[PDB]
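Looking at a structure with ofloxacin today.
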Amino acid sequence: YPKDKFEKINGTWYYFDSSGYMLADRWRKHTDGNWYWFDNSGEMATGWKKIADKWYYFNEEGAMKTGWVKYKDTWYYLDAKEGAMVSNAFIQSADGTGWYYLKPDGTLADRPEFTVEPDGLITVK
Amino acid sequence: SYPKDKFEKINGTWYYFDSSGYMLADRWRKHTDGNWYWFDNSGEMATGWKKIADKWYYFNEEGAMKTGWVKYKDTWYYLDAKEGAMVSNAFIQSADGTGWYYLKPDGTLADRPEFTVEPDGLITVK
Ligand SMILES: C[C@@H]1COc2c(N3CCN(C)CC3)c(F)cc3c(=O)c(C(=O)O)cn1c23
């Protein structure tokens with residue numbers, strides 16, 4: 001029935017490339033510049049979804065988010081470029097004044113603690 | 001016979017002429033030795049530290065660009081693993097994932113990096 005467009009079936013959204021085949025386990029750069037993903041059943045991704053070992057975050061419209069994003073009073077940072085969540089890493093502040101540290105589980109360290117070894121190796125908790 | 005396919009040492013500095021005899025100038029070159037080289041506007045081969053297109057690089061006495069950690073004048077620096085460009089004002093992971101190393105804006109390693117943490121969690125490194 002559908003073709004080359006988002007299609008809502010039984011309360012769920014799917015996408016049918018310009019040939020009548022619904023995308024399953026497939027990313028797609030929509031005509032709106034946003035990125036969408038469809039799981040094995042063709043369903044449009046919504047919310048935090050893990051795809052190929054990398055975590056992503058889609059809003060309620062199914063559009064992938066990038067950059068800082070708040071999720072239940074806690075921040076995360078999805079690669080401004082690729083969208084994949086960053087973890088155990090330092091992200092430079094917007095005004096290049098400093099850095100924010102993302103714990104190994106994606107969450108922002110509101111209060112990161114450092115300890116410097118004699119050679120300068122920085123360990124964070 | 002004009003020079004072709006070789007590094008030519010002309011009274012003083014080093015140069016390189018490709019197979020058609022062109023003198024490489026203001027451009028890189030990946031030699032048959034797996035090394036990258038760079039030449040002046042005058043085609044002189046690069047030695048030591050060179051700033052090329054707003055990025056720093058380090059070549060050995062022989063012109064070969066270096067990558068990774070290099071100690072220069074008793075202080076450590078970190079050249080990109082592939083790119084080779086000198087990293088600065090950034091944190092590099094140690095080879096064993098244990099922690100990190102901070103490279104100052106001037107490229108040098110930080111012995112005693114000083115930390116400051118804002119209320120929201122913003123980190124400042126002196
Ligand atoms: C595709 C590549 C790879 O290598 C290059 C380089 N560099 C090669 C050396 N590395 C360390 C930095 C990139 C460059 F600076 C400019 C050009 C460049 O200008 C060019 C071109 O065709 O015009 C082609 N090449 C170029």
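In the text below, chain A, chain B and the rest are named by the order of the sequence lines, each starting its count at 1. Values below: all heavy atoms of this structure, side chains included; hydrogens, waters and symmetry mates excluded. When a ligand or atom number is given, it counts from 1 through the structure's own listing order.
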Name in the PDB entry of chain in most contact with ofloxacin:
autolysin
If a contact means heavy atoms under 4.0 Å apart, which other chains contact ofloxacin?
B
As a test of the contact definition, would atom 25 (N) of ofloxacin count as having a protein heavy-atom neighbour under 4.0 Å?
no
Numbering as shown, the atoms of ofloxacin that approach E83(B) to under 4.0 Å (heavy-atom distance)
11 (C)
Establish whether atom 3 (C) of ofloxacin and some protein heavy atom are separated by less than 4.0 angstrom.
no
Atom 21 (C) of ofloxacin within contact range, any protein heavy atom under 4.0 Å
no
If you scan the protein for heavy atoms around atom 8 (C) of ofloxacin, do you find one that is closer than 4.0 Å?
yes
Considering non-hydrogen atoms of the protein only, which is the closest contact for atom 6 (C) of ofloxacin, and what is the distance?
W28(B) CD1, 4.0 Å
What residues contact ofloxacin if the heavy-atom distance limit is 4.0 Å?
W28(B), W36(B), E83(B)
